[PDB]
Amino acid sequence: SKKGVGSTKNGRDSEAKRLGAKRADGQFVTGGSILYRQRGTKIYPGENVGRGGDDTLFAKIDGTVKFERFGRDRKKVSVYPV
Amino acid sequence: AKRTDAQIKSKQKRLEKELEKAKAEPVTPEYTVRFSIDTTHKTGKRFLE
RNA sequence: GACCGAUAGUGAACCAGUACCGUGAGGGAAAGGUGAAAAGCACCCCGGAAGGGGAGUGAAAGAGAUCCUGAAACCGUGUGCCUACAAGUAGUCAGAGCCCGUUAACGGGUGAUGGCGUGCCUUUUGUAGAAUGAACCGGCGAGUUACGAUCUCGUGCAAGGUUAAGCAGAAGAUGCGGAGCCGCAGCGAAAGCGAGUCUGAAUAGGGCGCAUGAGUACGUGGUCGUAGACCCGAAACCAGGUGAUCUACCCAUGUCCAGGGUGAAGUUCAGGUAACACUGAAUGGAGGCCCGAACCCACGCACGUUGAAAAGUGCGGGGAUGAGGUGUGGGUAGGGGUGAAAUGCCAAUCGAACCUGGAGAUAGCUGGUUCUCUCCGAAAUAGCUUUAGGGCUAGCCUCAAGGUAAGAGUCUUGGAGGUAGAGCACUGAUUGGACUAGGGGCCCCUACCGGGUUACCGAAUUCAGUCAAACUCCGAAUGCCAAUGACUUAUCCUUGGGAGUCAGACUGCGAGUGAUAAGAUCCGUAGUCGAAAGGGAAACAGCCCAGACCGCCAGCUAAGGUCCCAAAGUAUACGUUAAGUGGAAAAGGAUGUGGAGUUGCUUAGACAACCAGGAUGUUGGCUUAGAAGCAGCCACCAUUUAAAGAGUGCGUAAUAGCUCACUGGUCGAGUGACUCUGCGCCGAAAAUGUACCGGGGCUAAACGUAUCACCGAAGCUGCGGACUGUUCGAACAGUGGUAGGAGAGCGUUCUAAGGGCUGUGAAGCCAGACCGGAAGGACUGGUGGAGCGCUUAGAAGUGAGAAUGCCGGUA
RNA sequence: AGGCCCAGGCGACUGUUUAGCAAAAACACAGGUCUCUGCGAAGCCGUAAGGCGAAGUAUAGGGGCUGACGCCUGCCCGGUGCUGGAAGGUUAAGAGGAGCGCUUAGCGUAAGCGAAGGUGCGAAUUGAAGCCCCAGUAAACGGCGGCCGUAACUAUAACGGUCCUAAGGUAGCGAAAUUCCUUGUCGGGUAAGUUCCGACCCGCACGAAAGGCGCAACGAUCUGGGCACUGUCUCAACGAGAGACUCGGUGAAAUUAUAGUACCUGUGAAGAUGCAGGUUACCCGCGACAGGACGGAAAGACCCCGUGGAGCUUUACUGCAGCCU
RNA sequence: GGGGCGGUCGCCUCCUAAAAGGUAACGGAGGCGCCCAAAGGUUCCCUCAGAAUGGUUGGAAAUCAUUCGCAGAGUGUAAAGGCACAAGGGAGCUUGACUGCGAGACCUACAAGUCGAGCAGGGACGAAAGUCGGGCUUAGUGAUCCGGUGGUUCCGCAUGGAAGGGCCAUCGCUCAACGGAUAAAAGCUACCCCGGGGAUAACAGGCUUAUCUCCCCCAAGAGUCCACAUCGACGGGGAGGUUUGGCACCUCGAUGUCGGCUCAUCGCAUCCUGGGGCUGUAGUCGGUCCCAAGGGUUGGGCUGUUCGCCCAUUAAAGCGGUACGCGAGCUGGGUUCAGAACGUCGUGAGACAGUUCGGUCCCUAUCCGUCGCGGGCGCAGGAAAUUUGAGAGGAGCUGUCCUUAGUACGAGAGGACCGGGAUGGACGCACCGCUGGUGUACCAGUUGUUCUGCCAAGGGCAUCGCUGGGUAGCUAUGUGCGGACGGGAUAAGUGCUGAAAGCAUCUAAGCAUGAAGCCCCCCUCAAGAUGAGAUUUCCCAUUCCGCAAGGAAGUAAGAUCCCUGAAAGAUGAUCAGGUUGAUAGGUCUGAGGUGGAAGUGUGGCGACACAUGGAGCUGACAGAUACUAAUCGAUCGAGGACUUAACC
RNA sequence: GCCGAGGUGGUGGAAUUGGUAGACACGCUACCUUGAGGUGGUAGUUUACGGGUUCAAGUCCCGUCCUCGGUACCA
Ligand SMILES: CC[C@H]1OC(=O)[C@@H](C)C(=O)[C@H](C)[C@@H](O[C@@H]2O[C@H](C)C[C@H](N(C)C)[C@H]2O)[C@](C)(OC)C[C@@H](C)C(=O)[C@H](C)[C@H]2N(CCCCn3cnc(-c4cccnc4)c3)C(=O)O[C@]12C
């Protein structure tokens, strides 16, 4: 016996895009290097960090990276020099 | 079932190929207006002297 | 001649394009060796001969006409040992007994008996596999060559390396020949510019460069490209021929058809008429007519089915004077003929014949691919693919050169991320109560106007409770990214050469699909197998222990075990169970027991049992002829009494007749409910045979807790070897392995300078109780009777157990 | 040296046919019909000569279809083919050459223009057959409907309405070589009949030359019944011969890893002889039997796969011969 | 999760996804192939949805103020992430929806994709600071090749041009099968062929057990009352591995398929028969349940059928396993080979979502395994017989009629258990005297032809020529027999005594009944029963070696070779005999069978009849008979190990 | 239950988003004609539903209901 029903309708899925931390806390980091790939602003730019057009957080200068917090319930990437 | 289902696709491919060679559009309709009038008011007799 | 030596080299070393095979075109073998010389065995014997035994010849006759050597399969003869109560992938290890006495050493042949043990190959996730291949033995049989590319290594010359054709030169080296090629300089599409240059408007930025400069010519080796390119294998396609001696049809021309019936047209005669029609006799001889021999054909059965026969025999069967059978001669030929049509037939071929060529077609598919040891050792994954059993790149493996100590673990520290859990603060779901606009329904009248009600539904509010992969006010353990120091081990990074692998399996865990089925499927994660032997689980890839260089008749252990198969405790202590539970399974059921926890009855007296009470208002009135409840309502009422419901049982067609209820007396101390939990019981059935302990068997030899010994592996240790790597003969560390990478060698044939051994016996062949870490190598002895080794180099037709391989011999 | 009878399906028949599985209900057949063809016919073979047709001439010769005979053969020309027409639209190459490039003497201080020539391209115009168009043809290819109401009700519709079509299946037949439902239902045969026969007719999914319906004869045809008959069977027995079996002569073959080759239960690539635990079993043959050796044979014919093949088809693609123009 | 169908093929978002990132499936949900000249930029401004009230037509809900509303709204668009310092709303001004780039990063096999501070040139807004290389982030798209367009201090085959090319900017692709094989492509194959796979489907085996079959729990209810005689809803728990399935683990270098035939065997979830308990069981009949697998379980019509229905029996016509048992055992009707036809579909070759007619079933048995028969040795001497039984096989079924007895029961109608007796069916074992069969060396009749020279009498051949009988042997359809009687232990059940637990109780102790089942009784085989047995009886303990153990070589009792043979038999074997002997052949008497022989005579013209004359013949039958053959021979075959104990 | 098709006036039924209680043929109603019927002549009645999109909806879109048929349990 094999009675026919088909049509899953749910095959497809998009390609995994690699959001999240690309560099860590206390990591030495050159200029222009992507610190955080995200959608929206799960984490904000702080000192010496810029937010991109695809709202990635990248470092503007050389220096270590710190994920501090924006006070209430909110985070922040900031790059400091040595 | 496979023997019948192979014909059921062959005839559809013949159909789509003859339709791509045919390309005979439906005829555009002629032009009508329908337009009409009423002017059904109760009117007296005398108009213009 | 660094070609062949009789399966090689021509197909053919020989009366070979022969024998055979085919109509034909065409295909196409097998098969060498007496001796130096015929001196080829006069003669005698058995024998009819064949063939022998002697004698001669001969160096040898074991050299006698398929004749040098003469292996292995296979077939025989004799005997040393074993063998007619034992199943044994046929061995190995232990092992007596017997019989020998070698290349003389911890000898050799046999082996009763014990432990262990399911061939090799290929393909596999996995093969003893009831998957494949081979009957055995022997020979033959697969990664080569040319030209070119690149990499490593070698050598010469080196910012210059080097010639090719050619000429001369013994098929040579060498001399000449620099024409050419590659490099030294790159950048740009190009003009061009030049240690810079393109883009650019830019003195900017960036790309590619050099400032950190080596190439080139040859040679070995790895690999790639073009060639049949590693062997073997298609079905097929095409070109030119050969075939109607079978068969299809046709053409010319002959020939065959025992016999028996039926009886057409016509004709004649008689009747009949106006003449015809018509009727009846006879005659006639028609017929894809009938029955049935020859002959032809094949339908039914049985037999044959390694046949008597590659289509038949036996018994019956159809046609058997015409669309007939058949002879002879002839015609049509393949993308064609022929076809009373089946794609049937065309030489035992046919949806397009056969042969030979292209041709070694192609094969992403299958099979095979041959010597050894050592170092290292995968993958079954991602992406893409007219891709899905294939391929490419990346991951993983290996070698070398580098950079060189970056890697790795753990502690401390900082982070990102929102699952498990939990919670309702969003989003969805949702249980009940409280109110609650409102929607009905009963209606009253009445401009659906005003209302009056209901325990008929209720939108929204609130309290209290639930739930969520796509819900989060929250939020772990881990894993992950880092830095920082700290130790502790070395293994990362790059460049280049070479890969293989993209069929995975199961187990534990986290999910999905499924039925929260599957030895199912599909991911994450870790292990194991793959590619892992050893011990345990009876046997068993995948479970547990643990990783094999080797020897030992040495010890300690892991898992698992200690009554006997079968090594170790009939070990100790304290409990449990009694079903063989252990050694198969649920809801549920049960006075099975063991242990914890409370409670009620409770020597002014329970429980069991014995005795008497079985009432009063009122014998209870209806649906009823009844019900003292009793086929079922209505009160769940209330005192006589130490004590009785107007009722739980029993019974009749209902009352009837009763029993318990409930308290008294006799008795004489444990009794009577409940909960948790330990070990058990039933529930409990299937297929050749005990059959769900491996077995015997066990009541501890089961289970739980605890302790001590002991056994137990190829683990670890001891001792002794060998190899690889590290530090400068020693130490330290190591050594399973498939595909695969790498390294060291053994052997064969030939050549080359050396060296020398062979008629006092070479190669080969047959034996051995010899040596080496392997491939292998000698030393004796015997056959052979003329070539052949050693050392260093070179070049390969280079090593076979597997192809349903080819040929031969033989089972 | 015939068995016979009763009924039915198909095919009229005699013939022919898959050598070597199918002998037929398949071909063929006389008959019917349609169409081609004026004779160097048409069609065919061949590039062509040359032939067949055929030393034939429409009562002849090719081709399609259906198959004696009897009664008949309905409707549709909308689509596709043929056939005829062709006023008109389109439609090739060849013809034609308006023009535009490019080059260039020359003119231009530059910028640019530029004759003639060469040369590259090229518009208008003309240009057949075909096709579009207009008719005929169905024994050409083919096709042949729905729904609603209505009669003393118990039902159907002679009848009427209305969509759609090119027309809506006529006669005859009908559970059939065609009926799925299905063993339809009724009747017969039979003790009992899924088959059979006669009816009915909700024809899944008959139907008039893919012919419809019948039909004497015929048929190694298929199908049901009956008489006779019997070892075909209840249910086997005996006898004869040829093998088998013993002896003398001769003597293969497929197969085959080596085999000293038990059976339970289990395990295991999930179906063991060979493994495990048990159980049983002296050694060696001869006649038998065939359960196992996933026995032998044939590199599965089924299924999938291969960017394999080959025959066939068509309104698949691309071409070619032919045939018109 | 075979292939086809369906569905999908590229990109984005969430969940799966296991708190980095990643991650699959034909897992769960959705979107995309765009839109916007403002929905971009900047500057300056500013805050949302709802609710409660006040408000005509305005309604439940437009717009208004009014408080409370850090968030539901809004964010072009799915969904996630994010946002009230706006990224959400307005208005002005604007074109940065710029050019050349781009240190460095994320991502990734590659091709690609994403982010990018900053620099320069030119701008926009802003006083300036500054921000702006599109939108709130992530989708809104495709390579190359070939062509088009635009521009260019590029090249341009001798030179100048040009044709043409390069560069830069750009356009043409649902190349949607989205890394795109061509600019261009659909089918049949049953007429089929090849290379592979059990990498992949069916059959059968395996895991699973949703489904199926079977069993059970709870109990509402039905059953006049009454859940539990029999039923049992709503729900729940299991077994089995026979159904339909799931998965693809073995096999595609072949594991033959359904039904039937032959032959079975096994399970018990029992169809009959046996024993029981409960009843809503009066009796006959029953219903359900428990134990029991020992035996039995039919013959026909139609169908290929299993199945099913029907007819007629039965005590019953059980369900299932064994490759839906069994094709190296058989059949081949059905299905799925080639021919052909119908209906129907397709334009078609062909096909079936159908039906119909016809169609090659190969194999000498090696091993195991079965059923039989031999040959060797063993069994501490060699022999001949008779045996016990470990063990093993077989058998094991049951009807009807009569009597008890018209008794028990019943109001009747109807009608018994138990206890006896007869006679059957199927099956089994024997045997042939009877009934029959067969009887091919028996007897008779007769045809055709031919031979014995002829008549007569015979022979050959024609299936033994045919036909009528038929002995022995073998045989059933025939006859005789059997499965009986019983013990012992049980199963379900029924009980005594009887506590634990003053009672009660088939309980732990103690006892006993109780089935066709178990063990025996019955029949067969059976000491290879290597555990080799036990009885009774025969023969006896010789000859050399050799120094022994031991060897060999004559024998005894006994047996065999060879021979006559059948009661036996494939061959071996067994058995009866081998000259003091009836073992076979012949003989001669007989039985039996056939039936009236030949010759002769008589009667008839003759075919022929009758007498001599129950004659003649006679195979296997049985009784005598030494006639013939079983001759003479030859071979094999004991000398009895050791220890201990007991005896004398 | 799944797939495919249609749901208009009493009837059958056309309508590419653009005016339909119906535009087209029948019924039906009122009148006329006729002795009275029939024919004939004159006039007359929200697209299955609910919610959008649109300036406009039978139509375009999302859901519900019904009926035909194919595809199943069972007899
Ligand atoms: C006569 C017996 C034939 O067997 C059968 O054919 C048949 C009975 C079978 O059952 C046989 C066992 C088959 O096996 C089966 O194959 C199936 C495909 C599968 C089966 N299992 C695997 C399931 C398997 O059992 C098969 C495939 O044979 C086809 C075996 C295969 C090896 C053969 O083909 C085989 C060689 C046959 N053959 C081929 C010629 C056939 C044509 N022909 C006919 N007659 C003649 C003939 C007559 C007279 C004279 N000359 C010639 C020639 C023969 O000549 O003889 C055969 C052996």
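Letters A, B, ... mirror the listed sequences (proteins, then strands); counts begin at 1. Counting starts at 1 for both ligands and their atoms, following the listed order. A fraction of the deposited model is presented, and contact counting is confined to that fraction.
- The drug at ligand 1 is telithromycin.
- The chief contact partner of telithromycin in this model is named by the PDB entry as 23S rRNA.
- The chains other than those of the drug that have a heavy atom under 4.0 Å from telithromycin are C, D, E.
- The source organism of RNA chain E, per the PDB record, is Bacillus subtilis (strain 168).
- With non-hydrogen distances under 4.0 Å, the site around telithromycin consists of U305(C), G307(C), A310(C), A311(C), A297(D), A298(D), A301(D), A254(E), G256(E), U360(E), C361(E), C362(E).
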